[PDB]
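Entry featuring chlorpromazine.
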Amino acid sequence: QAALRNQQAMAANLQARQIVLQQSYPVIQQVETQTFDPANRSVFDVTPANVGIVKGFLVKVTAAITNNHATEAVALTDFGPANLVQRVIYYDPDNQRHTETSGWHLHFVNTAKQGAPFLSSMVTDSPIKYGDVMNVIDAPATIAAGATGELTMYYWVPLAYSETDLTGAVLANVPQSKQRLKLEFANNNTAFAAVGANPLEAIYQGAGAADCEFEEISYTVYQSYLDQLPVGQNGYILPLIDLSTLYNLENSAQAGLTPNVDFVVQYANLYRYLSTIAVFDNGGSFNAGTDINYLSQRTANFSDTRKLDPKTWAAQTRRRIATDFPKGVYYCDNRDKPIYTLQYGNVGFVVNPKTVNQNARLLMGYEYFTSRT
Amino acid sequence: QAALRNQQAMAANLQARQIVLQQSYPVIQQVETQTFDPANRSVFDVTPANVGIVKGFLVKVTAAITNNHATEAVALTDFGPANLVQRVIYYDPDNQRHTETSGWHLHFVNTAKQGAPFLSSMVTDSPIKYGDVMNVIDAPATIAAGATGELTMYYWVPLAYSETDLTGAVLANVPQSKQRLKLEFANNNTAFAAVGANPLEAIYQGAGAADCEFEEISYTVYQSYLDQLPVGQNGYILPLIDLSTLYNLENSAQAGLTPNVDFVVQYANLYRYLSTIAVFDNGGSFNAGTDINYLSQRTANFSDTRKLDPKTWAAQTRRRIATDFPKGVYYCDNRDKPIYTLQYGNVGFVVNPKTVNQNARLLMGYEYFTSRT
Amino acid sequence: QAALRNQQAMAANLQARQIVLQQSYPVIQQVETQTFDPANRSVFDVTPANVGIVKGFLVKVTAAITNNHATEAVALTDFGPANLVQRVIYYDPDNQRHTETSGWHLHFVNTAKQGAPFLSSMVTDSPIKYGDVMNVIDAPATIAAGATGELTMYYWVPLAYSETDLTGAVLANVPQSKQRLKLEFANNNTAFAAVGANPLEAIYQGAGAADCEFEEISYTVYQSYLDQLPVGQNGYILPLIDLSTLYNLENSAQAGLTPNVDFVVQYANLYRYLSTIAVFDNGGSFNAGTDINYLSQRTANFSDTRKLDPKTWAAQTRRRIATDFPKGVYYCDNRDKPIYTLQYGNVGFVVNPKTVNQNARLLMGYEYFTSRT
Ligand SMILES: CN(C)CCCN1c2ccccc2Sc2ccc(Cl)cc21
Ligand SMILES: CN(C)CCCN1c2ccccc2Sc2ccc(Cl)cc21
Ligand SMILES: CN(C)CCCN1c2ccccc2Sc2ccc(Cl)cc21
Ligand SMILES: [Cl-]
Ligand SMILES: [Cl-]
Ligand SMILES: [Cl-]
Ligand code: NA
Ligand code: NA
Ligand code: NA
Ligand code: NA
Ligand code: NA
């Protein structure tokens with residue numbers, strides 16, 4: 001029977017993973033640093049090193065922003081420094097595409113995976129001076145007229161699903177085939193939004209936005225990988241299922257929302273969706289659930305497995321990340337039982353809006369597994 | 001002789017639990033919503049759905065409170081919106097009671113099980129606008145004279161011990177049996193305490209309390225259960241030990257405290273106590289340990305397993321929920337090694353007070369397992 | 001080869017550990033309490049009880065500090081009340097030394113092991129009055145001229161590695177035992193640093209420091225151990241490897257730093273280093289990474305396994321303890337793969353400074369396993 005072959009192949013994959021993790025040599029190492037002015041260039045193609053099993057990339061981004069307006073200030077948007085990177089794209093040595101998503105979606109996934117705001121500093125009552133000492137992720141709440149602010153942001157670009165689950169990792173042992181990590185950074189057009197404009201992709205918004213400009217952006221890419229891979233009789237001990245599976249983040253935009261009607265976003269088939277993020281960009285307005293009747297995941301036979309009002313939806317998210325996502329951002333965890341259908345559209349994500357402004361749209365971000373072939 | 005029969009029956013139960021969790025698909029859906037004026041009615045009986053394996057109920061409570069006093073305001077008590085529900089009682093299909101406890105004890109257990117204040121929003125230094133966006137559990141610190149405040153509270157009523165441990169869950173396949181979830185809500189008599197009165201059960205206290213009233217109370221009950229239970233050769237694959245065990249929360253009151261003398265609350269026998277909460281209601285005064293010499297758990301043979309000063313007792317609790325329970329509330333975790341005696345009164349919970357005001361009492365809250373037969 | 005014997009002995013050690021943890025009687029009880037004036041005495045030798053397997057000691061320290069200066073105030077140092085204990089040393093019944101380290105290093109390890117500032121109270125949006133109720137660890141941020149402040153501090157002195165890993169525990173059944181816990185407390189010379197002086201070891205610093213004095217210090221030592229050890233056919237069931245292993249905390253000082261040059265602190269051999277703490281005492285100045293180029297761990301010729309700038313180094317720490325350590329404190333976790341070297345100097349901890357003041361030094365704190373023989 002073929003079901004036993006599967007059982008055997010998965011047991012062997014798990015065994016190989018455990019052997020690799022036990023015997024391999026975990027390394028994190030810089031591969032590239034660069035400082036630039038986004039007025040000159042904002043898209044960069046980073047070439048990682050071809051060594052061992054690649055697990056992911058830590059992208060450090062710093063920036064200096066000057067407000068040269070005469071009188072008016074500017075204030076952080078909801079996403080703030082998470083919009084320093086507009087887009088990230090990874091291609092493996094076979095030129096197979098993995099993650100392609102926005103900076104803010106990648107950041108929200110980093111938060112979901114950590115269980116708390118990514119790389120944040122928790123506030124406590126400790127008299128010992130713990131706290132925001134090193135400003136790992138940091139941005140001034142406002143930039144006054146004539147002032148210059150310093151920003152720092154970190155993104156984890158995952159290939160492997162986690163430090164102990166190598167599903168999605170990349171074997172980069174061929175010298176000639178090239179990894180490609182594409183970073184598209186913010187610039188003076190995307191980062192600053194005037195009053196009344198849509199702040200989705202911007203870092204600061206306010207009456208002084210027209211006279212704000214980047215002084216510089218700097219990035220440093222660190223590559224996390226496993227060296228000194230174990231070797232056995234038949235050859236390198238490798239988890240074949242893990243290394244032949246893609247773990248990808250992607251996002252898309254959907255429109256056509258109308259008040260009091262279910263707006264359904266179908267899940268594709270053959271993808272194992274681990275998480276879903278839905279941002280209700282209600283025509284440049286981001287509200288704390290007040291413009292939604294309910295959200296749900298639905299099988300299409302009218303059976304809702306979790307049809308909830310917005311506050312109760314947020315309650316489940318508070319159990320995942322110990323806080324709320326920013327206004328208009330809704331998270332759905334399916335990690336223990338991924339959405340997996342055999343026929344396209346057998347499951348959908350549902351938002352029933354109560355208020356729909358002009359140009360309202362739903363930005364969907366997905367976390368999923370899929371096989372190469 | 002029969003130790004293997006036990007071992008076998010336990011191995012079968014565990015395996016069946018894993019199969020049920022693996023093959024069934026979890027569902028959470030609304031079962032009842034109602035708005036009312038506590039001046040007319042404050043006791044309600046919710047009728048859950050009889051489907052699959054029932055794990056628990058999420059009770060969302062919203063309320064509007066108006067301070068009609070001319071000049072004086074009111075402020076939250078230590079328990080605040082946790083007293084929106086005064087009492088909860090659950091009857092399973094076979095008319096067996098599970099949880100029967102107060103709202104504040106249920107909330108403190110929800111917190112203990114989460115490892116942090118239930119459904120709270122942690123504060124961090126993140127510049128990304130995480131935080132208290134959705135006001136999942138919320139209540140104004142004060143309600144000024146003439147003002148109206150909005151409250152939201154959530155309670156999880158557990159049947160199953162947790163999402164992965166179905167001990168205590170309820171099989172709702174029986175045709176002739178109605179579950180009963182009984183909820184007693186706060187009213188205009190319990191929710192508001194005058195200056196100098198006992199705030200234990202109240203939501204607000206202050207000089208304006210006599211003229212405070214509910215505008216309205218609303219509740220929504222969600223039921224969490226497992227559907228599509230797996231079927232095997234003999235029939236449904238079910239963990240018989242899990243479904244024949246009761247996971248209950250209960251509360252009691254004890255009086256007779258006198259300064260500098262050990263006040264002992266005996267644990268009953270046949271119950272496997274998982275946690276203990278002791279509230280020192282010192283005649284309407286709730287103090288931060290300054291009225292207690294020490295607390296302990298003690299066996300009949302005179303041995304103290306943890307006789308500690310109140311600060312050190314609170315230190316262990318800080319390792320459990322990352323903060324302190326409100327003033328006068330003391331928590332004891334026995335989940336790894338439940339208090340389980342064969343003879344009533346073999347083990348007791350000890351409080352040695354140093355100050356005892358008139359009408360002092362110890363409100364006990366218990367979390368325990370027990371068998372149906 | 002006979003390496004099978006190891007396999008068997010370790011499987012037997014883990015089996016004996018599991019049996020002891022299941023059958024034994026966990027107890028935490030007070031062994032000594034004393035109030036003293038540090039002007040008279042600040043060094044104490046605590047004699048624990050000789051019962052069962054000893055896992056560790058919880059040291060509660062309270063203090064009253066008066067600022068007698070006429071006009072000036074004092075403010076907490078970065079380490080603050082963690083310097084109430086200057087040094088702690090444990091000797092087992094065989095007079096073998098286990099932990100020998102400073103108070104601040106012990107506290108930082110307690111924090112690393114908890115995953116958050118040790119015994120801290122997290123801040124949340126909860127309206128229920130959770131929070132800093134009991135002041136488990138507490139110290140006023142400043143003490144005004146003429147004012148008296150009250151301090152409370154807790155240290156966990158570990159013998160066993162954790163509550164479930166008895167590696168490092170001590171068997172205390174032999175009479176004529178020399179079990180000794182030595183505590184060297186702060187006094188009126190170490191606790192108070194003048195402006196411009198080195199605040200490393202002090203609790204308060206400021207222009208009023210010269211006139212600050214302890215009114216009193218009090219300590220209470222609790223001993224955590226296992227009673228009622230199980231007895232088998234051959235005799236007492238004991239994990240021989242666990243009880244013959246030392247789990248120690250130690251610290252040392254290192255000097256000879258020069259700008260832009262790698263300063264390497266070699267790891268000794270035969271020690272299994274679990275964690276490393278490095279404090280850059282830059283001549284009494286403690287900076288948030290701005291005086292360091294990068295930190296790293298490095299092999300003889302296998303290069304750097306994690307060569308990172310200070311902010312990225314701090315990012316990894318934020319994933320461990322949900323915040324930053326105080327200024328100048330850098331943490332490195334090696335718990336899953338301890339640094340174990342066949343030959344001395346095979347591995348080293350590296351700091352490359354960019355600014356080195358006079359009398360700069362690197363205070364190293366280590367967590368490690370080692371065998372008795
Ligand atoms: C898929 N299902 C297992 C999830 C049910 C989790 N469910 C829960 C369970 C155990 C303890 C506390 C809670 S609170 C809660 C709050 C909001 C929501 Cl939406 C659900 C829950
Ligand atoms: C009763 N026993 C099983 C628990 C001992 C736990 N014990 C402990 C152990 C390992 C690391 C840190 C700590 S802190 C602590 C603080 C207060 C109290 Cl009361 C106990 C402890
Ligand atoms: C420990 N290293 C060897 C493994 C890479 C961990 N790596 C990581 C991995 C998975 C998810 C998020 C992160 S963030 C991060 C931040 C700073 C640093 Cl220094 C590393 C990481
Ligand atoms: Cl009504
Ligand atoms: Cl003295
Ligand atoms: Cl680390
Ligand atoms: Na250009
Ligand atoms: Na709130
Ligand atoms: Na009334
Ligand atoms: Na405090
Ligand atoms: Na002095």
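Quick note on labels: first sequence line is chain A, next is B, and so on, each numbered from 1. If you're wondering, the header gives X-ray crystallography, 2.2 Å. Just so you know, ligand 1 is whichever comes first in the structure, and atom 1 is the first atom listed for that ligand. As a basis for the values below, the full set of heavy atoms in this structure was taken, side chains included, without hydrogen atoms, waters or symmetry mates.
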Which parts of the structure correspond to chlorpromazine, copies included?
ligands 1, 2 and 3
To what macromolecule is chlorpromazine (ligand 2) bound in this model, taking the chain with most contacts, per UniProt?
Major capsid protein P3
Chains contacting chlorpromazine (ligand 2) (heavy atom, under 4.0 Å):
B, C
I need the nearest protein heavy-atom contact for atom 7 (N) of chlorpromazine (ligand 2): residue, atom name and distance, please.
C:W156 CZ3, 3.8 Å
Starting from atom 5 (C) of chlorpromazine (ligand 2), which protein heavy atom do you reach first, and at what distance in Å?
C:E163 OE2, 3.8 Å
Chlorpromazine (ligand 2) contact by B:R319, heavy-atom criterion under 4.0 angstrom:
yes
Just jot down the chlorpromazine (ligand 2) atoms closer than 4.0 angstrom to any heavy atom of B:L308, in number order.
19 (Cl)
Among protein heavy atoms, which sits nearest to atom 1 (C) of chlorpromazine (ligand 2), and what does the distance come to when rounded to 0.1 Å?
C:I28 CG2, 3.8 Å
May I ask you to identify the nearest protein heavy atom to atom 17 (C) of chlorpromazine (ligand 2), giving residue, atom name and distance to one decimal place in Å?
C:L58 CD2, 3.3 Å
For atom 21 (C) of chlorpromazine (ligand 2), what's the nearest protein heavy atom and its distance?
B:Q316 OE1, 3.6 Å
Ligand and ion contacts of chlorpromazine (ligand 2) below 4.0 Å
none
Report the part of C:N110 in contact with chlorpromazine (ligand 2), treating N, CA, C, O as backbone and CB onward as side chain, heavy atoms under 4.0 Å; options are side chain, backbone, both, neither.
neither
Hey, quick one: what organism does the entry say chain C comes from?
Enterobacteria phage PRD1
In this structure, which residues build the binding site of chlorpromazine (ligand 2) when a heavy-atom cut-off of 4.0 Å is applied?
B:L308, B:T312, B:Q316, B:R319, C:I28, C:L58, C:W156, C:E163
